[PDB]
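What follows is a short report on a single structure.
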Amino acid sequence: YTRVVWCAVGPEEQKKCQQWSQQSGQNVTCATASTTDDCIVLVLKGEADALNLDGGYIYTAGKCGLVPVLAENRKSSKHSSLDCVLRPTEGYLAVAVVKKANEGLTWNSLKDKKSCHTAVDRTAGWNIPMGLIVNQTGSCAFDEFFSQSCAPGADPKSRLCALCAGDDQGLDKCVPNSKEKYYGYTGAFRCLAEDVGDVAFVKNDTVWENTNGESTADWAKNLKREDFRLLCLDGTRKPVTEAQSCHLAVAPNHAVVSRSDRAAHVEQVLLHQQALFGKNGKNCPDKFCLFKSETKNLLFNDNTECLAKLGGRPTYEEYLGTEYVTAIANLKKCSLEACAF
Ligand SMILES: *[C@@H]1O[C@H](CO)[C@@H](O[C@@H]2O[C@H](CO)[C@@H](O[C@@H]3O[C@H](CO)[C@@H](O)[C@H](O)[C@@H]3O)[C@H](O)[C@H]2NC(C)=O)[C@H](O)[C@H]1NC(C)=O
Ligand SMILES: CC(C)NC[C@@H](O)COc1ccc(CC(N)=O)cc1
Ligand SMILES: *[C@@H]1O[C@H](CO)[C@@H](O)[C@H](O)[C@H]1NC(C)=O
Ligand SMILES: [Fe+3]
Ligand SMILES: [Zn+2]
Ligand SMILES: [Zn+2]
């Protein structure tokens, strides 16, 4: 009965979640929805207890009263001593990526180009880039900036969805879940890698994990780090090893959210679950690995070492940071006291 109902987004996260449930002796059970927003609603209704969310969704969930519980903690070895779970999270680097061979393409020449986004409302693939575009362009017409784009979650008949491919059967075009071929970090990077788009708004870690043999996936096997360039905000182009000096912003780590009244219980269960299926987990990579899904980032990002405790008992605004929270407000004025359901 001290069971947590996780919310899976899409049928792939659903399959993984059921695997995790089977392996957990049903201490973790699953609910599934077609979109992250839908999953947030199941949580709000009390039909689900939690899910891991990108910062852009943390904001949406936050206005509706959901709270940050644990955050993804990546592999970084500085802040050396502390165990991952107590280690402060460092946020990730949102970057704008292009093909090297696409010479001359700079932040300054993006208008009317083809773009690849993780999804609408996500931090690196949308809020940061479009916030900057809107900032600099003076206009709220961010649907008219790129000639065509794949921005999962936008209107399927609009140009913002024109580049999306849907699933293997061409169905679910532009849906904001993994069925969409160009969804999320990897999908958006694939959109760029296959030259469907001119630029991809992902994070620094995405380019590395999908190049120089790190993938084995058909589309990425032959990808070489040198064939890509990051677009700095000053107009220059740098190699992807220069992310620390050429990025659009550092994003708050994806984090697990739940209803305030269920947070403590979710925190508790989760810590026990990762001890079992986490990075050094008791049953991983033997029975089941929570943070692994063949580089598809299902439920959690695949580069997650562990889920770490937060700190000054973070409200959702403190977790995202004032800088980021203001940015989203300024961007969504284009579409404070809110929620949306
Ligand atoms: C797009 O819209 C505006 C363009 O200026 C940006 O919003 C502004 O962001 C600044 C920087 O974070 C905010 O300044 C802050 O002010 C408080 C006190 O007012 C201060 O304590 C902080 O240290 C900081 O200086 C400013 O409030 C905010 N402007 C408005 C009208 O809300 C926004 O960041 C731009 N979007 C992106 C993604 O850059
Ligand atoms: C307003 C007062 C001072 N509270 C600040 C507070 O609760 C801040 O929250 C946080 C959240 C997350 C992080 C990142 C980190 N490295 O721990 C740092 C600080
Ligand atoms: C389920 O959770 C309980 C409560 O903490 C724990 O004692 C038990 O080991 C877990 N069962 C399985 C099969 O993991
Ligand atoms: Fe993200
Ligand atoms: Zn920076
Ligand atoms: Zn606080």
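To match the PDB entry, the residue numbers of chain A are left as they are there, and the shown ones run 342-676, 681-686. As the structure lists them, so they are numbered: ligands from 1, and atoms in each ligand from 1. Computation of the quantities below employed the complete heavy-atom set of this structure, encompassing side-chain atoms and omitting hydrogens, waters and symmetry-equivalent molecules. Method of determination (from the header): X-ray crystallography, 2.2 Å.
- According to the PDB, the drug at ligand 2 is atenolol.
- Lab note: most contacts to atenolol (ligand 2) come from the chain UniProt lists as Lactotransferrin.
- The shortest contact between atom 17 (O) of atenolol (ligand 2) and any protein heavy atom is with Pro429 CB, 3.6 Å.
- The search for other ligands and ions under 4.0 Å from atenolol (ligand 2) returns ligand 6 (zinc ion).
- The presence of a protein heavy atom under 4.0 Å from atom 12 (C) of atenolol (ligand 2) is ruled out.
- Checking only distances, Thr430 does come within under 3.5 Å of atenolol (ligand 2), N or O to N or O.
- The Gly653 neighbourhood of atenolol (ligand 2) comprises atoms 7 (O), with distances under 4.0 Å to a heavy atom of that residue.
- Distance check for atom 19 (C) of atenolol (ligand 2): every protein heavy atom is found at 4.0 Å or beyond.
- Within chain A, the UniProt domain with the largest share of residues touching atenolol (ligand 2) is Transferrin-like 2.
- Within the 4.0 Å cut-off (strictly below), a protein heavy atom is located near atom 6 (C) of atenolol (ligand 2).
- The nearest protein atom to atom 9 (O) of atenolol (ligand 2), hydrogens excluded, is given as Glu659 O, 3.6 Å; this is a heavy-atom distance.
- Taking every heavy atom under 4.0 Å from atenolol (ligand 2), one finds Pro429, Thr430, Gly653, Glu659.
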Tabulation required: pairs of a nitrogen or oxygen in atenolol (ligand 2) and a protein nitrogen or oxygen under 3.5 Å; columns are atom names and distance to 0.1 Å; otherwise 'none'.
{"unit_1": "atenolol (ligand 2)", "atom_1": "4 (N)", "unit_2": "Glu659", "atom_2": "OE2", "d": "3.0"}
{"unit_1": "atenolol (ligand 2)", "atom_1": "7 (O)", "unit_2": "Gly653", "atom_2": "O", "d": "3.3"}
{"unit_1": "atenolol (ligand 2)", "atom_1": "7 (O)", "unit_2": "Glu659", "atom_2": "OE1", "d": "3.3"}
{"unit_1": "atenolol (ligand 2)", "atom_1": "7 (O)", "unit_2": "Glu659", "atom_2": "OE2", "d": "3.0"}
{"unit_1": "atenolol (ligand 2)", "atom_1": "16 (N)", "unit_2": "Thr430", "atom_2": "O", "d": "2.8"}

